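A deposited model with sulbactam (bound form).
Residue indices begin at 1 and follow the sequence shown. First listed ligand is number 1; within each ligand, the first listed atom is number 1. Structure method, as recorded: X-ray crystallography, 1.9 Å.
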Amino acid sequence: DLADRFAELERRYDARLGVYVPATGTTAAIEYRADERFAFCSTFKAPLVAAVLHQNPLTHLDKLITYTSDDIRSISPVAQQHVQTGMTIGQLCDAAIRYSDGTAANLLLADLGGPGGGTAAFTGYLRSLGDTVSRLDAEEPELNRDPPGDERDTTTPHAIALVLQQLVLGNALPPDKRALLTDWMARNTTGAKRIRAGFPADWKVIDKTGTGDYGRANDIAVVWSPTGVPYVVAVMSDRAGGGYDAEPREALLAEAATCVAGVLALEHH
Ligand SMILES: *C(=O)/C=C/N[C@@H](C(=O)O)C(C)(C)S(=O)O
């Protein structure tokens, strides 16, 4: 069975794997360690952008945020490029999702909750969606670095998939805001070797990845069948076995996603 297959992925990559695919009308939930905690890493950036979208008119996307080289304390490919001229809130959302820019995320946290109030306000957004489990406690890059077992800055596959479901396939956001979030995730540049690699080309995939220390590699996606049937897929992993500098394994994620896609695509008439 599928649990046994997921277990064999864990043995082969010397990793811990978490999977959740919510139940639908026609399919049972897929759950593997689904209530175990894993570090968010950059996956929180998706609901962060929704938080900012939700709380503000679309005109707030035009607001120019200025920052300095001193505020760049994490890998920030887009923020580095715009450091002299600043970035709009809209540009920051784009950067945060599509490049996993760490400075962009920190600046959106300040915008949501003020300095020192951002991680609490982000977690409160999750609470506002009925997620009592997830918590963010630090900003970038510290949130990627807590040890195995620390509950800070964690979610569960179950919790983050149900949030993403609300955001993309529910009514947590009005249509016009919902469309921006979905466009950004659709245009993501960092996920080609993860959930995307597991689904056939005629399935549509949107995603947000995360990567961190202790071999952490995550991806959260929404996928659409060739006839437009939607599913939410969360895959989380770590490799605590090799300590802080353990190599993350994207191919573990691609494999877990391929197992999911088999169950989702394979009909039985
Ligand atoms: C989102 O998950 C961002 C993660 N960043 C880390 C990474 O592995 O990409 C580091 C190493 C850059 S962390 O920012 O110091």
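The main binding partner of sulbactam (bound form) here is, in the terms of the PDB entry, Beta-lactamase.
Compare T211, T209, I75 by their heavy atoms: the one nearest to atom 8 (O) of sulbactam (bound form) is in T211. With a 4.0 Å heavy-atom cut-off, sulbactam (bound form) is reached by the side chain of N144 but not by its N, CA, C or O. Ranking the protein heavy atoms by distance from atom 1 (C) of sulbactam (bound form) puts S42 OG, 1.3 Å first.
Summarising the contacts of atom 15 (O) of sulbactam (bound form) with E142, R145, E140, the nearest heavy atom is found in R145. At least one heavy atom of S100 lies less than 4.0 angstrom from sulbactam (bound form). For sulbactam (bound form), the modeled covalent bond goes to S42 OG. Atom 12 (C) of sulbactam (bound form) is flagged as protein-proximal [any protein heavy atom, distance under 4.0 Å]. The contact residues of sulbactam (bound form), taking heavy atoms under 4.0 Å, are given as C41, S42, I75, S100, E140, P141, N144, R145, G210, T211.
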